[PDB]
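First the proteins, then the strands, lettered A, B, ... as listed; each starts at 1. Excluded from the calculations below are hydrogen atoms, water molecules and symmetry mates; all remaining heavy atoms, backbone and side chain alike, are included.
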Amino acid sequence: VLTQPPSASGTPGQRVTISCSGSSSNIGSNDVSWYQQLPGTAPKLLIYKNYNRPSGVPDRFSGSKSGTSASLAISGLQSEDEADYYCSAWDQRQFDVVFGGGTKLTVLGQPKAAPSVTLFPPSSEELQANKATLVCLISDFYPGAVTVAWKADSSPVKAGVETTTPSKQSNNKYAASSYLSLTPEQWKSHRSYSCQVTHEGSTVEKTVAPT
Amino acid sequence: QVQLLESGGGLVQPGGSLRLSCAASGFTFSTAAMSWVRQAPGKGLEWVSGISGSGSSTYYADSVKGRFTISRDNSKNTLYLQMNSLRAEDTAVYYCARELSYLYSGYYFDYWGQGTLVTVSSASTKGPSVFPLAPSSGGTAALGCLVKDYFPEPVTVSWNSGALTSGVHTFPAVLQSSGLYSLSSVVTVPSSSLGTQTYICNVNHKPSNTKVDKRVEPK
Amino acid sequence: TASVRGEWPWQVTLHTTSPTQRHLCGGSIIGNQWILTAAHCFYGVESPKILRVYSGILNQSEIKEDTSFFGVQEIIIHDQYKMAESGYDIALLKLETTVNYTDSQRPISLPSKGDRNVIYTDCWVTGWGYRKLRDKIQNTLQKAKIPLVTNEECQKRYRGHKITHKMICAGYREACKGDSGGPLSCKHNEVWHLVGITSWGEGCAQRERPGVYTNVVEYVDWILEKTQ
């Protein structure tokens, strides 16, 4: 059972150490390996046999081991390094290869950015199928955390809301999605529906209405 | 160079069976010890089974003994995982990997496949309903497609058969209370091109074999 | 196939006692208190205090808590050793006591520096088949007659690594059970020589990449200096 802190962080060009805690049966007496898993990709071997790098793994990554603990040092930190890092070792007692639970490395230093908000009303096609979904799209925000509230004629609507977790974009900014399900009767019974997005104390509003 | 291409993954009923495959290229397959390593959603890695180069020795994690069977065809450069009496907790992405486990090397996995998602659920496959997100009446217009109520993941969205790529933002899916996913794809285009230029989102959902090419027209 | 009692009297089984006692590696008696083995064997070994050397062993099962063993005073790893594929995978075990030679425990002659390039035709690999973390140890000591493979033929198979002069390859046998640190012994002019030490490589069969052994003749200087 290898234990790693769930998160790590650093700004560009810094050094970040990812740590791995074990026991005499695994790390204490076995060769350690490290894997990098970028979002939506397979793991990649970074280090094997404690400190060795396979061909193509840059010098920036270094592995070490001291007793029942092992460390992955990431120097010259790039935004592309934002990934999950896993330690691994054979365990003689369990008689199996074991993994850490992984550490989610976050790269900081992105300037603060307010959310861009696009709000869509239900399509005619959907209204014909006796359904109504309001689509609130939130993008280009940093830090990656947002609060969503929906309104119908300036009064709060809490029921039938589904909101995604924030996710990082290709450009290192964050995106989120919020959906408002209504019956076509609710959509029409109101003059307008609104999606209010709060990011670091500031609110960005979009409004939509039936034709 | 080295390739490990996986297939055979998909949705299966609880108690069901599935045969995963992993095709290899760019290294002499018969010389390699091969393994399956899985990753449960939002969790870490778990070794499942391993097999020697010849196929003489096979090993299995405690949670899959007597249910999974590992095999290989050296003439075909392929590794198999026959999975029987599948359980909900067997839901994961399964990667095949070349392993090193000598006393001289330590235990590591140098080459990995891309993974196939195995879903063990009693819910039946559901194809999405695709709705256009019509642009409304200032320089640029935001338009898109709502891919509603599908199961399981993934769904793929391209615009105008891949002719429209820049300014395309396909949003990660929301998991609704119903157990069905929903996603949106949006593109910001020049307002002037509306009406004159055609916008079609091509949605595919391999689990249900759904294929929609939805034209998105303005109001 | 199975070996018999007293067939390989230089062959020893090296055991760890921490956390529990188990076979760790193979090795050869090369002198009164000198065991020659591979350096990669000791990846998990802290100090010699936890080691036991067993001579005259046919069956792992015949090892009880009354079985005579040799304590280890010093572990000598070649100072240039980092990993098996970069060579220098060689080590000496200085025993606490002297090995009193019998028919069940005797030393194996090192190879002659005059026979540096000689292509040995009567080579054997012996052990309890422990080379990988998951493999199950053979109870009886196994033997197999292995042909040598040229370094040029060996390099062709292992294009990704460098097959140095300090390495000797063996394979293309008409599955082998050597242990890590175990001997590759060749009988030349009716005398047994310790030609190789099991290090890395795949196996010995015709359908496998050949085993890469530490070329003992290149370390004769190192062995004599360290055992002086």
### Message
Out of curiosity, which chain makes more contacts with chains A and B than the others? Name from the PDB entry, please.
### Response
Coagulation factor XI
### Task
Specify the drug or drug candidate at chains A and B.
MAA868
### Query
In terms of heavy-atom pairs under 4.5 Å with chain B (MAA868), which of C:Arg159, C:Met83, C:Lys136, C:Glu85 leads?
C:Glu85
### Query
What are the identity and heavy-atom distance (to 1 Å) of the UniProt active-site residue in chain C nearest to MAA868 (chains A and B)?
C:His40, 3 Å
### Message
Hey, if I count heavy-atom pairs under 4.5 Å with chain C, which chain of MAA868 (chains A and B) wins?
### Response
chain B
### Query
So which part of B:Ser101 gets closer than 4.5 Å to some heavy atom of chain C, the side chain, the backbone, both or neither?
both
### Organism for chain C, per entry
Homo sapiens
### Task
Tell me, out of C:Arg131, C:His40, C:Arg134, C:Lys132, who's got the most heavy-atom pairs with chain B (MAA868) below 4.5 Å.
C:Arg134
### Message
Can you tell me which portion of B:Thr28 sits under 4.5 Å from chain C's heavy atoms? Options are side chain, backbone, both or neither.
### Response
side chain
#### Entry: MAA868 (chains A and B) contacts in chain C: dominant UniProt domain
Peptidase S1
### Message
So for C:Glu208, is it side chain, backbone, both, or neither that comes closer than 4.5 Å to the heavy atoms of chain B (MAA868)?
### Response
neither
### Task
Below 4.5 Å from any heavy atom of chain C, which atoms of B:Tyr107 appear? Answer side chain, backbone, both or neither.
both
### Query
If the epitope is every residue of chain C with a heavy atom within 4.5 Å of MAA868 (chains A and B), what residues are in it?
C:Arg22, C:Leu24, C:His40, C:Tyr43, C:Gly44, C:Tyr81, C:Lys82, C:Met83, C:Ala84, C:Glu85, C:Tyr130, C:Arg131, C:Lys132, C:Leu133, C:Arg134, C:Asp135, C:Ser180, C:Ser199, C:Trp200, C:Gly201, C:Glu202, C:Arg209
### Query
What residues of MAA868 (chains A and B) count as paratope against chain C under a heavy-atom cut-off of 4.5 Å?
A:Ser29, A:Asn30, A:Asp31, A:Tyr48, A:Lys49, A:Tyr51, A:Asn52, A:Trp90, A:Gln92, A:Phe95, A:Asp96, A:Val97, B:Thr28, B:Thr31, B:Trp47, B:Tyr59, B:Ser101, B:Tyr102, B:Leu103, B:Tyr104, B:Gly106, B:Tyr107
